[PDB]
Amino acid sequence: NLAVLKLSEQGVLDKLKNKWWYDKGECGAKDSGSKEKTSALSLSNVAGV
Amino acid sequence: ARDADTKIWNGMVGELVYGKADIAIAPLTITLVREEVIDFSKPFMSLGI
Amino acid sequence: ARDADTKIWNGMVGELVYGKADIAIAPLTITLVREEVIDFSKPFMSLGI
Ligand SMILES: NS(=O)(=O)c1cc2c(cc1Cl)N[C@H]([C@H]1C[C@H]3C=C[C@@H]1C3)NS2(=O)=O
Ligand SMILES: NS(=O)(=O)c1cc2c(cc1Cl)N[C@H]([C@H]1C[C@H]3C=C[C@@H]1C3)NS2(=O)=O
């Protein structure tokens with residue numbers, strides 16, 4: 001009871017949670033969600049015209 | 001969970017109820033039906049369904 | 001909180017320590033040093049700064 005509150009006070013829980021959830025961003029959208037590609041227009045876009 | 005009609009807590013509950021295991025640092029959820037047989041510290045990580 | 005250099009709890013926590021109150025249903029944050037003088041239940045509502 002006195003021990004877990006020390007880890008909550010000193011951010012050790014935050015550090016462990018960061019280590020085991022956020023440092024292992026692996027798959028796709030977390031990494032590549034903030035990048036940019038310009039374009040290249042294909043025919044599948046313009047067909048109803 | 002407990003057994004019907006015999007109250008036999010199996011699993012990680014009965015390891016602490018029946019004097020088998022000494023402590024359980026594990027993903028265990030504080031309920032109403034678990035405080036009567038074992039005790040919990042202050043919660044260290046929040047979640048939901 | 002405690003006073004500087006005297007450890008004299010003013011406010012509401014002193015009302016529980018010095019026998020003047022009985023219980024405190026209140027917006028009260030579970031810290032470390034409040035655990036060593038007065039007992040807390042499980043948390044009912046979670047927040048952050
Ligand atoms: N952001 S989190 O889920 O990983 C998380 C969740 C919790 C933490 C600490 C962290 Cl890092 N400590 C709190 C405790 C601190 C104090 C206040 C309630 C408890 C006492 N319990 S909690 O609310 O379960
Ligand atoms: N979403 S919230 O902050 O208002 C909130 C926060 C909490 C609630 C209920 C609510 Cl609605 N109950 C939990 C307790 C209920 C059970 C499960 C964990 C604890 C036991 N404490 S809590 O995590 O402090």
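Within every chain, numbering begins at 1; the chains are lettered A, B, ... in the order of the sequence lines, protein sequences first and strands thereafter. Quick check of the header: electron microscopy, 3.9 Å. Every heavy atom of this structure was used, including side-chain atoms; hydrogens, water molecules and symmetry mates were not. The displayed model is a subset of the deposited entry, and contacts were enumerated within the subset. Whatever order the structure lists ligands and atoms in, that order sets their numbers, starting from 1.
PDB records give the name of the drug at ligand 1 as cyclothiazide. This structure shows the largest set of contacts to cyclothiazide (ligand 1) coming from the chain UniProt labels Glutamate receptor 2. In this entry, the other chains with a heavy atom less than 4.0 Å from cyclothiazide (ligand 1) are A, B, C.
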